Amino acid sequence: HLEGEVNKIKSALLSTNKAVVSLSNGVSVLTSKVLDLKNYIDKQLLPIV
Amino acid sequence: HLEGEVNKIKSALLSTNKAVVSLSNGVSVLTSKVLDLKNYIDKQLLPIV
Amino acid sequence: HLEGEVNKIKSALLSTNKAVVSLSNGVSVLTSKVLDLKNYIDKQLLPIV
Amino acid sequence: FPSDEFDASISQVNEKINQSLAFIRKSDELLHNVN
Amino acid sequence: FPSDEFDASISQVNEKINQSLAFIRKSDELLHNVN
Amino acid sequence: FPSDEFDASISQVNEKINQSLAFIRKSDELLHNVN
Ligand SMILES: Cc1ccc(CCCO)c(NCc2ccc3nc(NCCCN4CCOCC4)n(Cc4nc(C)ccc4O)c3c2)c1
Ligand SMILES: Cc1ccc(CCCO)c(NCc2ccc3nc(NCCCN4CCOCC4)n(Cc4nc(C)ccc4O)c3c2)c1
Ligand SMILES: Cc1ccc(CCCO)c(NCc2ccc3nc(NCCCN4CCOCC4)n(Cc4nc(C)ccc4O)c3c2)c1
């Protein structure tokens, strides 16, 4: 039975790891968009202001 | 003893999972605020500039 | 053998935990930069616009 | 929303957050089945 | 700070990051008790 | 890029994301060695 339990935990941690990858990918996209906003302000807004 | 150990690991992973939920919720709020900034620039700043 | 397996899982979860700390630190820096952008817009852009 | 590619990227971030939460749900469900 | 609801939301993000780190601390402490 | 300290901080976020992914890789590799 116990190896069954150990196996459930391995599977669970594999799923947790996929969660962290997914979140990391979302933060990477968000980071790109924050940099885009900063560049838009400096290179589109400020020159016409 | 070993089932005790297995149990500590289950508890640990449950705590790690709560960490990832908490961080995901923080990233969701941050994402909303980045979208708000973008809309403020386009709909408040640019029209008066 | 099985305690060996349990040990691999402990090590794996310790590594997953370091992943979540690293990502949390990146989100903290990003959050600071979003607040900086908001303050730049309100205190540098809007007063000259 | 979404009005443009910036908004579409924001939507993608939200989809990745939801994927994260889904994978945690699955992990939690596997653990609540452990004794 | 916080001067408004945008700043208050930023504070909330920081609180969620600190909650995350706290839950990792607890997980780490449980594991350093495993042999 | 990086043109200033704001861009350097953005680079730091990217380095922390890559560190996160690296630690997950290591965890995954340890688990694929479990039976
Ligand atoms: C010189 C330079 C440097 C950096 C950038 C940003 C990244 C590339 O777009 C640009 N973008 C030019 C550029 C030129 C025309 C653009 N048009 C859009 N979106 C369509 C219009 C959206 N509508 C929605 C309703 O309210 C008014 C605005 N964007 C998307 C957009 N993107 C950002 C980041 C902020 C605001 C924003 O509307 C543009 C970006 C230019
Ligand atoms: C048409 C349109 C579209 C989108 C938005 C943003 C989201 C809703 O607020 C708005 N906001 C109007 C709108 C109108 C008055 C506002 N007043 C505030 N904050 C109070 C003033 C803060 N002080 C702090 C000290 O330095 C000067 C600014 N905010 C909060 C705020 N929020 C953001 C996102 C950026 C900067 C900012 O000061 C406003 C937003 C309007
Ligand atoms: C009153 C007040 C309140 C808040 C801030 C933002 C945080 C502190 O810098 C400021 N910053 C003043 C301030 C004054 C001069 C600055 N010069 C820079 N960067 C160097 C120029 C970068 N180049 C790159 C190419 O395209 C044109 C812009 N930054 C970095 C920067 N930082 C941000 C956040 C947005 C855009 C931006 O270029 C400045 C910030 C001022």
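Labels below follow one simple rule: chain letters A, B, ... track the order of the sequence lines, proteins then strands, and each chain is numbered from 1. Only this structure's heavy atoms are used, side chains among them; waters, hydrogens and symmetry mates stay out. Whatever order the structure lists ligands and atoms in, that order sets their numbers, starting from 1. Looking at the header, which is where the method is noted, we find X-ray crystallography, 1.5 Å.
- Notes: drug at ligand 2 recorded as TMC353121.
- By contact count, the main macromolecule holding TMC353121 (ligand 2) here is known in UniProt as Fusion glycoprotein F1.
- Other chains having non-hydrogen atoms less than 4.0 Å from TMC353121 (ligand 2): B, C, E.
- In this structure, atom 11 (N) of TMC353121 (ligand 2) is in close contact with the protein, since a protein heavy atom lies within 4.0 Å of it.
- Atom 3 (C) of TMC353121 (ligand 2) has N39(B) O, 4.0 Å as its closest protein atom, hydrogens excluded (heavy atom only).
- When heavy-atom distances to TMC353121 (ligand 2) are checked against a 4.0 Å cut-off, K33(B) has no atom that comes that close, whether in backbone or side chain.
- By the definition of a contact as any protein heavy atom under 4.0 Å away, atom 8 (C) of TMC353121 (ligand 2) is not in contact.
- Backbone and side-chain nitrogen or oxygen atoms of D4(E) are examined, and one is located within less than 3.5 angstrom of a nitrogen or oxygen of TMC353121 (ligand 2).
- Entry name for chain E - Fusion glycoprotein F0.
- Considering only non-hydrogen protein atoms, atom 27 (C) of TMC353121 (ligand 2) sits nearest to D42(C) CB, 4.3 Å.
- Nearest to atom 6 (C) of TMC353121 (ligand 2) among the protein's heavy atoms is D36(B) O, 3.7 Å.
- In summary, the atoms of TMC353121 (ligand 2) found under 4.0 Å from a heavy atom of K43(C), numbered by their order in the structure, are 25 (C), 26 (O).
- If you number the atoms of TMC353121 (ligand 2) from 1 as listed, the ones under 4.0 Å from a heavy atom of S3(E) come out as 22 (C), 24 (C).
- Atom 15 (C) of TMC353121 (ligand 2) lies below 4.0 Å from none of the non-hydrogen atoms of the protein.
- Here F6(E) has side-chain heavy atoms under 4.0 Å from TMC353121 (ligand 2), and that is the only part of it that gets that close.
- Atom 36 (C) of TMC353121 (ligand 2) lies below 4.0 Å from at least one non-hydrogen atom of the protein.
- The shortest N or O to N or O distance between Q44(B) and TMC353121 (ligand 2) is not below 3.5 Å.
- Closest to atom 13 (C) of TMC353121 (ligand 2), if we only count protein heavy atoms, is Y40(B) CE1, 4.0 Å.
- Other ligands and ions with any atom nearer than 4.0 Å to TMC353121 (ligand 2): none.
- With the cut-off at 4.0 Å and only heavy atoms counted, the binding site of TMC353121 (ligand 2) comes to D36(B), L37(B), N39(B), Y40(B), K43(B), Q44(B), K38(C), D42(C), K43(C), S3(E), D4(E), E5(E), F6(E).
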List of N/O pairs, TMC353121 (ligand 2) versus protein, all under 3.5 Å?
from: TMC353121 (ligand 2); atom 1: 19 (N); to: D4(E); atom 2: OD2; distance (Å): 2.9
from: TMC353121 (ligand 2); atom 1: 38 (O); to: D42(C); atom 2: OD2; distance (Å): 2.6

